[PDB]
Amino acid sequence: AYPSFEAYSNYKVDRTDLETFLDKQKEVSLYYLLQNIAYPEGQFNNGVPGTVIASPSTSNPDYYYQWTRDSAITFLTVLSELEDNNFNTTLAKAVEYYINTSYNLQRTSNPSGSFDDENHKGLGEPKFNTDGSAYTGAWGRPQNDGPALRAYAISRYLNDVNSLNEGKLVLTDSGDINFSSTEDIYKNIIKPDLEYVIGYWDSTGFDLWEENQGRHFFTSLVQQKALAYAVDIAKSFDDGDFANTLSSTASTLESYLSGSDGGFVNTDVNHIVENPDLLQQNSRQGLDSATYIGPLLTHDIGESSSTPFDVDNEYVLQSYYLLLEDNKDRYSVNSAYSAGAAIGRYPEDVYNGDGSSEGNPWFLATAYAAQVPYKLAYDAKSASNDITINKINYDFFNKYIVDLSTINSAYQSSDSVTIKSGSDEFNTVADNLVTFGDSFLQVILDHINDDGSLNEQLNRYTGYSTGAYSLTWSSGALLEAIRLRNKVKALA
Ligand SMILES: C[C@H]1O[C@H](O[C@H]2[C@H](O)[C@@H](O)[C@@H](O[C@H]3[C@H](O)[C@@H](O)[C@H](O)O[C@@H]3CO)O[C@@H]2CO)[C@H](O)[C@@H](O)[C@@H]1N[C@H]1C=C(CO)[C@@H](O)[C@H](O)[C@H]1O
Ligand SMILES: C[C@H]1O[C@H](O[C@H]2[C@H](O)[C@@H](O)[C@@H](O[C@H]3[C@H](O)[C@@H](O)[C@H](O)O[C@@H]3CO)O[C@@H]2CO)[C@H](O)[C@@H](O)[C@@H]1N[C@H]1C=C(CO)[C@@H](O)[C@H](O)[C@H]1O
Ligand code: NA
Ligand code: NA
């Protein structure tokens, strides 16, 4: 049940009309995303401002909590909207309430620890109650992705304040508020998260799915991003030695991610092994949608981020392809899909959304799967960069994107194919990438609730939605897929 949920229902979903669907969901999913964020000017005006619920579901399952990860990812979408709107005050107030509530959560002692522990050990805590209190039940803690994603989101807000609002914050005359300046946000909210990442990146915690302990590609990747992105922020506040500490630590994490210490790049199977310790344990073979979700989050389309493992990385792209192939056989709901399909978390998954039996495809993983080919095309076209296709990825391209032999008949004799910007071959591949991306959004259209809200999961047999209702992260993932689709299609 989800008693606080309010439906929009401002249109009848037509499952035969993708273009119209995506036009309407650009607004409907934003409505549902914002509904789960507490702010005085919003629908959720009775919660502590800055609290993001993962879902209005309070039973079967009970997701009425604030997770550091979901809240940060939610705010990355809010920030994308804020940026597209040339800095909307309403949204900026929501971001600042979230920054303030994050300040309070950071200082809340919990089962992972406290703020005054070494490098703020308490910041590893995955979730809190909506009233701001510590969640004291058993849980897969700590999770070291949260502080990284939050540091990144709040850093990005500061860059936006400086670039789009002439350095001006919007809530600094409110009583509730634990900052008076951008420097206060950096020193007292961003920097503690960065100190946590510096202190704990190479320690044991749970993955983003809250289930396994050890090395995790997504976690290390979002940590590397937060550190790299904060370098210039630190420099801007005359925090130069710390800026260089961030730079060196980011470089160290980049080497970790790319080498045999991390264990993520696996040249036996030529794809990323998301959780290398589980490969060692023989419990999972390493395919995971987090492998491509992370790259998407750490290379936001405005930024031209140079951080490692963008979606063009051959190992990331092969994990994507192989998970797609797996899931097209595993889930009966996918049996008639010729192109994209409903994608889950990992092939070994047993979480059904409210217990254990068999795992399902997830709306968020499916929406992120659309973004992969959209971003390949966008990156190339927007920068006039070549598309380079490594031999590891020839099967993927030949199955879904292009007959490579029509590009270069001798492709099998080369380690790669490079397709020059502006060529007919390039336009063919870019266009075919977008068509392929669209097929994943069609899967969403096939199975979305009539009210336009997205659950956590869709049943692997029937495609009916299941698990947590109107999941904020589902809404965000779809919103970012639509934003990317529109941006790539708008390119001349
Ligand atoms: C919400 C979450 O749920 C499932 O995992 C939970 C359990 O439901 C929960 O009982 C608790 O499990 C412990 C258990 O009760 C106890 O017997 C034992 O000693 O140890 C357990 C903790 O290790 O904790 C876990 C979470 O650690 C799933 O397995 C999860 O995948 C699931 N995560 C979802 C939900 C959200 C919120 O939107 C996302 O942030 C997240 O990425 C997601 O995968
Ligand atoms: C309008 C409706 O559409 C969506 O439902 C889909 C499925 O997602 C989809 O997989 C497909 O279902 C078939 C399925 O593959 C298989 O199990 C079985 O063989 O038969 C199905 C084909 O007859 O087809 C339907 C579309 O007909 C959504 O998933 C739904 O949420 C949606 N609305 C339903 C659901 C509800 C409440 O859950 C009602 O409020 C409503 O009246 C109804 O239309
Ligand atoms: Na104040
Ligand atoms: Na890139």
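Residue numbers run from 1 in the order of the sequence given. The figures here come from the full heavy-atom set of this structure, side chains too, leaving out hydrogens, waters and symmetry mates. Whatever order the structure lists them in is the order used to number ligands and atoms, beginning at 1.
Measured by close contacts, the chief partner of ligand 1 is listed under UniProt as Glucoamylase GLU1. Per PDB records, the drug at ligand 1 is named acarbose. At the top of the distance list for atom 33 (N) of acarbose (ligand 1), counting protein heavy atoms only, stands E210 OE2, 2.7 Å.
Summarising the contacts of atom 28 (C) of acarbose (ligand 1) with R69, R141, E211, the nearest heavy atom is found in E211.
In this structure, atom 10 (O) of acarbose (ligand 1) lies nearest to the protein heavy atom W139 CZ3, 4.8 Å. Distances between N or O atoms of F206 and those of acarbose (ligand 1) include no value under 3.5 Å.
By the 4.0 Å heavy-atom criterion, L471 is counted among the residues contacting acarbose (ligand 1).
Using a 4.0 Å cut-off to heavy atoms of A138, the atoms of acarbose (ligand 1) that qualify are 11 (C).
Near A54, with a cut-off below 4.0 Å to any heavy atom, the atoms of acarbose (ligand 1) are 37 (C), 38 (O). Distance check on atom 31 (O) of acarbose (ligand 1): some protein heavy atom falls below the 4.0 Å cut-off. Within the 4.0 Å cut-off (strictly below), no protein heavy atom is located near atom 12 (O) of acarbose (ligand 1). The PDB entry identifies the source organism of chain A as Saccharomycopsis fibuligera. Of all protein heavy atoms, the one lying nearest to atom 38 (O) of acarbose (ligand 1) is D70 OD2, 2.6 Å. Of the listed options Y351, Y63, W209, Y63 places a heavy atom closest to atom 34 (C) of acarbose (ligand 1).
The UniProt active-site residue of chain A nearest to acarbose (ligand 1) (heavy atoms, to 1 Å) is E210, 3 Å.
Among the substrate-binding residues UniProt records for chain A, the set within 4.0 Å of acarbose (ligand 1) by heavy-atom distance is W139. In the deposited model, no covalent adduct of acarbose (ligand 1) forms with a chain. The residues lying within 4.0 Å of acarbose (ligand 1), counted on heavy atoms, are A54, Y63, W67, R69, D70, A138, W139, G140, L208, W209, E210, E211, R345, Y351, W362, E456, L471, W473.
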